[PDB]
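Co-structure: estradiol and 17-beta-hydroxysteroid dehydrogenase type 1.
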Number of protein chains: 2
Amino acid sequence: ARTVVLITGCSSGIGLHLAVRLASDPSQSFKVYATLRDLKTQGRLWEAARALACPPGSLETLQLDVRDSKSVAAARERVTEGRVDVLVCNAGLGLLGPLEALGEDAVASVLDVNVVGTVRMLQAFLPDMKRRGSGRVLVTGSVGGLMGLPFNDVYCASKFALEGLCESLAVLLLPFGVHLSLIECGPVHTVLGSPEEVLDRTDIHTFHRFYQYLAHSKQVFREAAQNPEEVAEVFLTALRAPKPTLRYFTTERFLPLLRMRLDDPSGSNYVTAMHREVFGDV
Amino acid sequence: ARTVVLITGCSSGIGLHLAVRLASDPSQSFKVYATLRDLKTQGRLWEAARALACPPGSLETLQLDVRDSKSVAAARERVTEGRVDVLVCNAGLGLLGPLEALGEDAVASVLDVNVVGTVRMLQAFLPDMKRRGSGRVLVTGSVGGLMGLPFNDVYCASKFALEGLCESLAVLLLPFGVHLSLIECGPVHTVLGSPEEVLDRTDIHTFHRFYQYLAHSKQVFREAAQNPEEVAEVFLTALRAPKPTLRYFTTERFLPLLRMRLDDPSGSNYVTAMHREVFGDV
Ligand SMILES: C[C@]12CC[C@@H]3c4ccc(O)cc4CC[C@H]3[C@@H]1CC[C@@H]2O
Ligand SMILES: C[C@]12CC[C@@H]3c4ccc(O)cc4CC[C@H]3[C@@H]1CC[C@@H]2O
């Protein structure tokens, strides 16, 4: 179809749902290049596509490893239409655990995939959009890019990094007609490490707090996780907005914590509120 | 002396000033390990130390490359007191230019030094502080970690990343008696790329906007840059606070732009205001 969409990280989760949502759109106006790091994981995407009866040719899979600029360049060459109307930077990795228990390689990988990988995509696709004077870039954000969460230090670092990157670009892009938007997701229905391993790399008190955090997050997920269909639709709302805003929120549930965070720049109200919220009183 | 301070990136700028400010303190209560990536750049630090008459033994230089965990481990071993009371994570790199004109290596380096290097330091020193139930960690922040600036995409990405990292850690650290604070700096009196090189890697319109930005920043610096002595003193105010806050601001000048940014979560007021502020009307 006519609007060419390229999405990264479509093997599961939001990327998978978004790819099939667009490819199966009743208007048949989207051509979707769903990219994955490893093609051997494409089965779920095709099963979903078949379930939604995506018309033949509305969806194509490409292997694209955001850690490698050559892979990024090669996938761009595979876009037969010679243009990308909507670029969805969704590829992302999580990392949970006490900071001192995280391997340096794992820390570097999260940043390389989440942040540098997004930079690689923008460097490869943005020039063309600037030239044409049109294009939409949607970036999967997280409420973790808006406020710090204990035991998610590196993940939050990476999501905050995207906020800074995108906001900086948005200020420049205004006159180019290229729109960039972050879709700020809360928990969505869709890694960890052996207790033994974690305990071996941290102290007993940190380990105890980790347990409390895990218990707390499990509850937040139960109460607040959204269906992927609801979240994917927010991407569509952003891509159809004639004048998209910088951020779209999939839920308003965290806006108050965000405001408290915003109203006390010293950060002490937020730190204290979040600490009592997750652990209790200290 | 008694309070052991370890500071990264002391070859120039804030780190250099802070190191000599602490080592020369009239109380003679600080022992400072000033670290540098390359010892051949230590001359300015020693000239400054001599000018301030730092008592012999109040300052020692160590080579510490934050990109290398072995180097981090080796510097930690050189701390003869066997403890670090105050850790100042200051090492930082800047990167200015149109995103598409930045080399992938330069982008990765900024993140590795600014973000992963800080993680390496925390992983190496935080466990000890948690064990003792005391310690202060000061991290050099920037107003660029609080709001996006055009042409500073990667730099802002890295400073925003520190905000997320530190805020996440602060929530956990509250009960450990380990204090973490970001010192949010505006311009301070203390890299770029050939016009030809930049033009070769971007379009003429982006290049034009880059010129406008450079003109604008030159003016902001002239009007708002603070003396390094004033900025270094903010670190001291934070390190002496009995109950330090998460953030200290060296200036209040940008607080309004920060508030506008905070009051419109969609980001459109900020993007528009910043765009007119730097370029004009579009
Ligand atoms: C950061 C996430 C959204 C915010 C969630 C949250 C939000 C608030 C809170 O008090 C705890 C948690 C735990 C899990 C978090 C989620 C894990 C993945 C998701 O992106
Ligand atoms: C980001 C910095 C502080 C904020 C400064 C600013 C702040 C506001 C603004 O409109 C423009 C600039 C240009 C230079 C920026 C500085 C460059 C180094 C410093 O950390």
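Letters A, B, ... label the chains, following the sequence lines from first to last. Residues 1-190, 196-287, in that order, are what chain A shows, numbered as in the PDB entry. Chain B is numbered as in the PDB entry; shown residues: 1-190, 196-287, in order. Recorded method for this deposit: X-ray crystallography, 1.7 Å. Whatever order the structure lists them in is the order used to number ligands and atoms, beginning at 1. The figures here come from the full heavy-atom set of this structure, side chains too, leaving out hydrogens, waters and symmetry mates.
- Counting all copies, estradiol can be found at ligands 1 and 2.
- The other chains with any non-hydrogen atom less than 4.0 Å from estradiol (ligand 2) are B.
- My check of the UniProt substrate-binding residues in chain B for heavy atoms under 4.0 Å from estradiol (ligand 2) returns B:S142.
- Nearest-heavy-atom check against atom 18 (C) of estradiol (ligand 2) across B:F226, B:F151, B:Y218 picks out B:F226.
- Contacts with estradiol (ligand 2) closer than 4.0 Å are made by side-chain heavy atoms of B:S142 only, the backbone lying farther away.
- Every atom of estradiol (ligand 2) is numbered from 1 in the order shown, and the set under 4.0 Å from a heavy atom of B:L149 is 1 (C).
- Of the protein's non-hydrogen atoms, B:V225 CG1, 4.0 Å is the one closest to atom 6 (C) of estradiol (ligand 2).
- Against a heavy-atom cut-off of under 4.0 Å, B:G186 is close to the following atoms of estradiol (ligand 2): 3 (C).
- Counting the atoms of estradiol (ligand 2) from 1 in the order shown, those under 4.0 Å from a heavy atom of B:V143 are 3 (C), 4 (C).
- The residue B:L262 has no part lying near estradiol (ligand 2), judged by heavy-atom distances below 4.0 Å.
- Among residues UniProt marks as active site in chain B, the one closest to estradiol (ligand 2), with its least heavy-atom distance rounded to 1 Å, is B:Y155, 3 Å.
- Using a non-hydrogen distance threshold of 4.0 Å, B:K159 does not register as a contact of estradiol (ligand 2).
- Atom numbering of estradiol (ligand 2) starts at 1 in the shown order; those under 4.0 Å from a heavy atom of B:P187 are 3 (C), 4 (C).
- The entry gives the source of chain B as Homo sapiens.
- The B:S222 neighbourhood of estradiol (ligand 2) comprises atoms 13 (C), with distances under 4.0 Å to a heavy atom of that residue.
- Counting only heavy atoms of the protein, atom 7 (C) of estradiol (ligand 2) lies nearest to B:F259 CE2, 3.3 Å.
- The binding site of estradiol (ligand 2) (heavy atoms under 4.0 Å) is made of B:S142, B:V143, B:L149, B:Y155, B:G186, B:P187, B:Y218, B:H221, B:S222, B:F226, B:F259, B:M279.
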